[PDB]
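The structure described below contains nikkomycin Z.
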Number of protein chains: 2
Amino acid sequence: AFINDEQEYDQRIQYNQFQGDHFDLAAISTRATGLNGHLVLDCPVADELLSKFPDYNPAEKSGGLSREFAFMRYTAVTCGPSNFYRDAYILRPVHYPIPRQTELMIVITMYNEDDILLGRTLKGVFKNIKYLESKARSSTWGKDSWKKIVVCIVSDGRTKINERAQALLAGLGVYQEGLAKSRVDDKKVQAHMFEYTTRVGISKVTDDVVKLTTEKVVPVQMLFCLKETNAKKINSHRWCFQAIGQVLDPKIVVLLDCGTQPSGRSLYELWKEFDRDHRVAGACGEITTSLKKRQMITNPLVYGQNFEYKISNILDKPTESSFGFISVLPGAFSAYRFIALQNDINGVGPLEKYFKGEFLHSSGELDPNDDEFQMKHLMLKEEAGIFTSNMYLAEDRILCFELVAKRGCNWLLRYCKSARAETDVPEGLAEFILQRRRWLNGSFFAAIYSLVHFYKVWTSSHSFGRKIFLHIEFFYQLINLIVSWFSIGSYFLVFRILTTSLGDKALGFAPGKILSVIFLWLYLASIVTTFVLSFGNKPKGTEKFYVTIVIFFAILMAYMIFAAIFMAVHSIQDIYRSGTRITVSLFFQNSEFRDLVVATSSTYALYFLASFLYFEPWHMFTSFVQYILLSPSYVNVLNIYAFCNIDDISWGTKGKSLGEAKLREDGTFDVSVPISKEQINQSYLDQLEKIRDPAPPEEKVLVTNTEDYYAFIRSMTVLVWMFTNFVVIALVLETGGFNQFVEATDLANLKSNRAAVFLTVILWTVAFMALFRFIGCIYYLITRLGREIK
Amino acid sequence: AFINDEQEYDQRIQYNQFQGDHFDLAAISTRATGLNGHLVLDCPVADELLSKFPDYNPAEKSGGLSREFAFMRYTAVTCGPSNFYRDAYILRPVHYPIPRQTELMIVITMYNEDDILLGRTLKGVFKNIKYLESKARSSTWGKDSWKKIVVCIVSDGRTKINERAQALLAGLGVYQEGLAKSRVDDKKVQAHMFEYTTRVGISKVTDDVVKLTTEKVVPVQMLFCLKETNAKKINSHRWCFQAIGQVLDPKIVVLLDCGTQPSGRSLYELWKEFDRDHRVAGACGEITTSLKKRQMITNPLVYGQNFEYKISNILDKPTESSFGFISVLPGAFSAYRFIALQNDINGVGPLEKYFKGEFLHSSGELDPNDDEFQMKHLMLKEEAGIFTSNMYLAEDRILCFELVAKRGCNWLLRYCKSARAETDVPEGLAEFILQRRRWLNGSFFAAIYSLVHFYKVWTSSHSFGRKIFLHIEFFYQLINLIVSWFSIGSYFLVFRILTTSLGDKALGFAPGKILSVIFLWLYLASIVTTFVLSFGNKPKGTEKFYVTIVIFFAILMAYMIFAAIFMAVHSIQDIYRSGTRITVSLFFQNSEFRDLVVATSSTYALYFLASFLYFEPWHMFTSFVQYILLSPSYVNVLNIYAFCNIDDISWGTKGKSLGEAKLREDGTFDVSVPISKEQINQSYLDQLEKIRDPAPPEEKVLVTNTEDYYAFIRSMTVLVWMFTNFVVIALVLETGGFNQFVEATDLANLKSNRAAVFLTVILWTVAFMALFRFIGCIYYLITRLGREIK
Ligand SMILES: C[C@@H]([C@H](N)C(=O)N[C@H](C(=O)O)[C@H]1O[C@@H](n2ccc(=O)[nH]c2=O)[C@H](O)[C@@H]1O)[C@H](O)c1ccc(O)cn1
Ligand SMILES: C[C@@H]([C@H](N)C(=O)N[C@H](C(=O)O)[C@H]1O[C@@H](n2ccc(=O)[nH]c2=O)[C@H](O)[C@@H]1O)[C@H](O)c1ccc(O)cn1
């Protein structure tokens, strides 16, 4: 088990002086004393772990180690997040005789994750902490910097945590099996907290095994909170913010997920981003996809996701950062300023909005024995509108808007490209669809909520120009939402127009008509099958149907590109045939050539320039084709599945022995039945009276269950989506009854004109959005360079 | 509580001699002795119930009543249906010193039904038994006929049974609360059986209250089997047939449902049907809908259902009875010959097929403690094909085909119109849809199964002509299935053709085009909304959407009828305009007039004649319009909901405390945690070894859950249905890409020709099916009259 930039860190660190502070222990005889009336145990760690440390001395009973390094502390929490601070639950960092002030709380969320992912995450965090320690000419960082950093691991589900990750945590010395207790004082234990200052560092993380060693390891404060029952990531975040954060009172809370490995200096970059400008309240870093042992042709999906991530980080994040409002901060890797998230005195704030979703989106069955029964009952009893009851879709995204548009605060959201983190993307198609469901739903709901409540930014204390530019960004987001809502209809219209154009006898392509008909039939079949499977079955079961649909859509996209190229070439040849010389004006006057070629080429050129200026050009070659071929799948399959499954009904449906006869030694059976005449007569009369009366009306008027409400909401949403898309399609191609209002000959010309107008509109809208994003990223680069010079 | 044809029965009955036979009791001290090692208690009934009887004498301790009338017997059954006969479970009728042979077992099924429905059913049964007793010149019936009849009530769910119905049963004296025991000898009690010979008769059943009296009441044997947990009607029928039937060994088992009130002589008619011809194995009686306090205009749905039932009983049942094979025997009211249902020595038979559906269609989670674990494990372990695993759809319908096409037996199914029963139809729309789901699914699956396995009738020992006529019936059923599969597409095609015909400028109707377009859009919207609601929501929640859709379809049907009439009138006027005189040949040569008018008029005339010849003409006037207006709803809404919900997933998903710390008198908490160095080191080494190895491949290869299988089956079925219907529609109206293969002018003429051909085909197919059924019912009437003369 035990065996270049990192080397620089080791040189600056002495490694000889790591004596811990003395703290009061809890007596353990096996009666044990608990601090403040709570179940607290300070057990000793395995002797071998102590022996590994260089400072260990065989003569010393404990090796001469400090109290913190020698004993691991276990606490059982029964109250829950809401009352954790109210109760006298004291964490070790604040329990020292000299209080320790936290500067950076690194939160890690785990759920049945393999030991490899946790090992990679912990290796990244340890490397970042080592770099922070090694820093010499820093006012805040340097010697004894590890005392200001706390690593919190919140595992979701005691019975769902992977055994190998638990073994890894035990190897760190944080976790011990025997300590955990199910109940205390007839009260259920909601969470189990283990606190330990580990001096064990992960040397390397291979593909199959994890190797940890004690050589050149900086001490790290570890707090491992194991939850008794899984209550989702929102409940995990409630534990992190509402309960632990208040006790620790840290700044710049960093959120991480298992499998995300930050760089060697990324956390320092995030902290510097927060430190330079005091108005910044949230930050995010570039996220990258690993391509170590994945081939270009064997894994098209991975490379498509890589291209998507690179384009996002290069165009979308910089522009939003320039405007000061980021739609989404990646939960996998982001950071928030703690004070900015605090609610107002009135009780309304970003955290309240974020947490309300967990309470509202759940079965209305509250256990009276829970100590949080009053809070949940009050929250559910309150009248909730459409937006409040549907906050669960937005998730973290709501926090960004709530932070920017505060009543009287001046906060901003910023994106830094210096911070980089590597994560693992889902290789399988079913996992990809399941992941994209929530992304799409959250993005749509967040956009709608922000656009509807855009007036809230007026009261915020921002500069007038800042408000004007925020309004410009809101207008851009409105345009993007409108374009995204009509994605499927626009794709179908473009496909139909391009395929039918090949059917014209003017151009010499014979199989055009038959191919167009076959592709239309296959498209309709794929759409219908996708809808049926989305409503009925689970992605993991019927994966092959989705694979076939994706392959068909890739082939169709290839055919569409070929048709567009053929049409453009034919138009150019006709231009030359017409004679009278050729001029650039004539080329730009031809609708076919212009729309089909110029717009797409301009968009590609903008993407290429943006990639080059960021010194990340490879993704424009290695992973472009896969993304282009998969785009129709992105629009159709993912969007259909996301909209059909808006409601996430995780909870199930709903939720005195008469007697016991025991055979005795003899054949007789011991029974207790009525014997007296009086009681039998009384029972008979009671039955007669019970039946001898008319049936009263029920008039239950029960509130009923919430699952019906969310199912209704999802049904209405999908119906409206279908109706609008079909209205647009009927208007463009005269598909419905509109063809009756025209004649045999006028229909063709009118349809052609409408199709041309639609094509030019959509293509130029896409090109203009690309230009907008390009200019935004250019400005981001210029301003970042100028700030760096300063 | 206690207060003309029936009068005739009382006159013939002496009512003075009703002494019961003596039987051995079980000692009840409160240790009580059980017969054959089972928990059996013979408790005394309430003294007032004994006092009511005329034979009661105040001087006598028990009033002089017989043992059976004085004591009620309770038995606790733990084994279940499979092993009930194997175990020494003895029912009172077979426990007498002189064994009693059962002649007619009247089974009643109850599930949270109101006391009113049970009261009506029991009143009907008691009246039938009284009539049988009164019969004088009968070899089998007459004096002491009540000893040959046993009434079995199987209630589904101990905790779901309605309290008022239970009070009614207690008033009868069958049920007592104290006796029931949850467990015996550490074995769960599956069912609770109460046996009593009640002399209490229901005098009348008002709308709100039930009145029972002891005057002029014939004793009735009652066996009330209350099941501990609900396992559906198939499990109830398993209890009735597999377990009670074997012990009683009756003939002509009669099946009834709560709320079905048979006539005063209906059961005698069924028994006579069985007695006259020994080849008959199953029988059914006419079922009627009550219209006492329901208005023609206030309740259109009730009258539509009334018309449907009358037409069914007048046309469908007689023809199938004439052929000797009935597709469905109403479970609410039918009868079966017990010996015909018995399985073969090899273990294959109608009952095995019927019961296999319950076992296969359920969660694959068998409790090892069940005594039927071996049987269920063997059945599930066996390889099951598509048909065997989907038998749950057919339900009772499978029994009919399994009976007719036996390997070497000669059995027939017959329908008698002398037997009549009145039932309550669902007034609400949601209840109607829920009821029709299973009807449609069962009919479709039974038709498919019978058609596929038509060759099984070859080996049956029937006359050659009988086999020929059965094959003719199979061909007719194949045609009916084909017509029913394409119902929605045919309806849409007819609607589109009729609405577009009004758009032609030849006829002077201006709003035709706009109305056609609007109706097309509304039709598409209704279809899409129906599909979405069927997949997503529950009928009870979103009832108003269905109501609106039904109203729209009724309006559309009215408009379609108007359009057809207008077109026919215009065609006749053009015929007159053409000149050259008029002849019947010219009228029958015009496709428009012929197809639109002659076929529909012929069908209506056939229906009218069939109604008149059966002396039931009123339904052709009172309830015809409602059925005509609701037919499109029948085809669209019910069929869509039934096909979208083929899978009935009733079951849910899926299905050691670390320690306990108790605070003592002092502040210390009592805990048990590791103390010794050795155990801590051993645990640390164990964790190191656990993590120090590579991850082995899972390779679970688990069988997985069955719900996915049924969801997949339903998805495939709906997809195939959609594909076939759309193919037909595209072929007829040139809706898809087919229009590309024609020109501007030829398309209109070709579409018109195809539409005319489709209209004539469909209308004449309907007319010919109506004629076939009419001839069949005519033959049924003639043969029944001839048999009556004989
Ligand atoms: C999605 C993320 C990462 N791949 C991931 O999987 N995140 C999970 C999530 O988003 O839910 C985390 O949630 C935990 N979880 C799961 C189930 C539960 O029930 N409770 C619970 O806490 C999981 O263990 C996991 O750590 C990915 O890197 C990413 C995100 C944003 C982005 O812009 C780019 N990339
Ligand atoms: C449907 C029938 C009657 N209205 C009815 O409701 N039958 C129920 C059924 O068909 O299921 C019976 O099944 C019992 N049941 C219910 C739920 C459960 O979970 N377990 C259980 O035993 C119910 O109590 C009830 O007696 C109607 O008259 C009819 C039938 C056929 C026909 O051609 C014409 N009309």
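The chains carry the letters A, B, and so on, in the order of their sequence lines. Quick note: numbers on chain A are straight from the PDB entry, i.e. 135-137, 146-171, 238-863, 868-1002, in order. Going by the PDB entry, the residues shown for chain B are 135-137, 146-171, 238-863, 868-1002, listed in order. Counting starts at 1 for both ligands and their atoms, in listed order. Excluded from the calculations below are hydrogen atoms, water molecules and symmetry mates; all remaining heavy atoms, backbone and side chain alike, are included. Recorded method for this deposit: electron microscopy, 3.2 Å.
- Structurally, the main neighbour of nikkomycin Z (ligand 2) is the chain that the PDB entry identifies as Chitin synthase.
- Lab note: other chains with heavy atoms under 4.0 Å from nikkomycin Z (ligand 2) -> B.
- As for other ligands and ions, none lie under 4.0 Å from nikkomycin Z (ligand 2).
- At 4.0 Å, heavy atom to atom, the residues around nikkomycin Z (ligand 2) are B:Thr317, B:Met318, B:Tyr319, B:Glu321, B:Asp364, B:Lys441, B:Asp465, B:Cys466, B:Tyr517, B:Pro538, B:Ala540, B:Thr631, B:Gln643, B:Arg646, B:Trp647.
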